[PDB]
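Shown for chain A, in order and in the PDB entry numbering: 139-296, 304-401. How was it done? The header gives X-ray crystallography, 2.3 Å. No hydrogens, no waters, no symmetry mates; every other heavy atom, side chains included, goes into these values. In listed order, ligands and their atoms are each counted from 1.
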Amino acid sequence: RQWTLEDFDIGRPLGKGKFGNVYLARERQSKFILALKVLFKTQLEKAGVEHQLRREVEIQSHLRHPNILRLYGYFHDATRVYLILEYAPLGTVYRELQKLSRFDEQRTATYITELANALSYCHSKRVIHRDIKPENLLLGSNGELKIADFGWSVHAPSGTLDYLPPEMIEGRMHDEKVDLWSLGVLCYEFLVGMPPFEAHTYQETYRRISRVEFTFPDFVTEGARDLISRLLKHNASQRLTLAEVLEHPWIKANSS
Ligand SMILES: O=C(Nc1cccc(Cl)c1)Nc1ncc(CCNc2ncnc3ccsc23)s1
């Protein structure tokens, strides 16, 4: 179907960045509710990202998983590009973490399981996400995690610095293990309420990631310390596999 903007009723903003806003939308004919992200062509070409966008759409025509948000298609006009997305009724994990401050051990491990299942599938098709962070994790109507925004994704091998591994911040070669590090940064932020290498400047953060300089607060349990520490390894190969995450005593104990 050759979609046009007139096929939709547009509703409230769902979110917004400086690439474009996301709006609630309803397809006029079916009454189907979805999300429309409105990207400006000027912004995309002035940043030379039009190719990464074209690849995202292409990657998202193949990926089908309950824990990956759907990109149903796209259409353009004179000035803007419109992405046709699955609506995530419970919003972002980013907003949920701001509200709750931090996540208990049970909801953390459940998210990490859902994220690990999504990434396991992605890594099978040789797709690496590279941009795992709370703002790209959204919540389905049953509170289930969905990974979103495949714009920075690539086939392996190939904002803030908080979630990026050493091999990536140092402009070097990298593979799947990128997502494995980001999963460990997430586990930590879920539990603590802030990411492990947080600093007030880009340059302090960069120093902390490459030297892997992080400490745990008192309340983090030994099983969680163990998971996170086996994930946040400078040497990519030493890290841990998704299968080792999913079969981890802490995940098994606490995941629902
Ligand atoms: O942005 C891109 N690609 C992109 C953008 C700019 C440049 C390039 Cl190169 C690529 N892709 C995305 N895929 C999913 C996205 C999530 C949109 N947000 C939401 N979607 C559904 N429900 C809710 C509810 C709360 S927010 C929200 S964004």
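Per PDB records, the drug at ligand 1 is named SNS-314. Going by contact count, the macromolecule most engaged with SNS-314 is what UniProt calls Aurora kinase A. Looking at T230 next to SNS-314, no N or O pair under 3.5 Å apart turns up. Ligand-side atoms of SNS-314 in range of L182: 7 (C), range being under 4.0 angstrom from any heavy atom.
Remark: SNS-314 atoms within the under-4.0 Å shell around heavy atoms of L177 are 5 (C), 6 (C). Near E194, meaning under 4.0 Å from any of its heavy atoms, are these atoms of SNS-314: 2 (C), 3 (N), 4 (C), 10 (C), 11 (N), 12 (C), 13 (N). For SNS-314, the atoms lying closer than 4.0 Å to a non-hydrogen atom of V160 are 17 (C), 18 (N), 19 (C). Listed by number with element, the atoms of SNS-314 under 4.0 Å from a non-hydrogen atom of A173 are 20 (N), 21 (C). The ligand atoms of SNS-314 that sit less than 4.0 angstrom from a heavy atom of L276 are 19 (C), 20 (N), 21 (C), 22 (N), 23 (C), 27 (C).
For SNS-314 and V187, the ligand atoms under 4.0 Å from any heavy atom of the residue are 9 (Cl). Looking at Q190 next to SNS-314, no N or O pair under 3.5 Å apart turns up. Distances between N or O atoms of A226 and those of SNS-314 include at least one value under 3.5 Å.
Most residues around SNS-314 in chain A come from the UniProt domain Protein kinase. Atoms of SNS-314 found under 4.0 Å from any heavy atom of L191, numbered from 1 in the order shown, are 9 (Cl), 10 (C).
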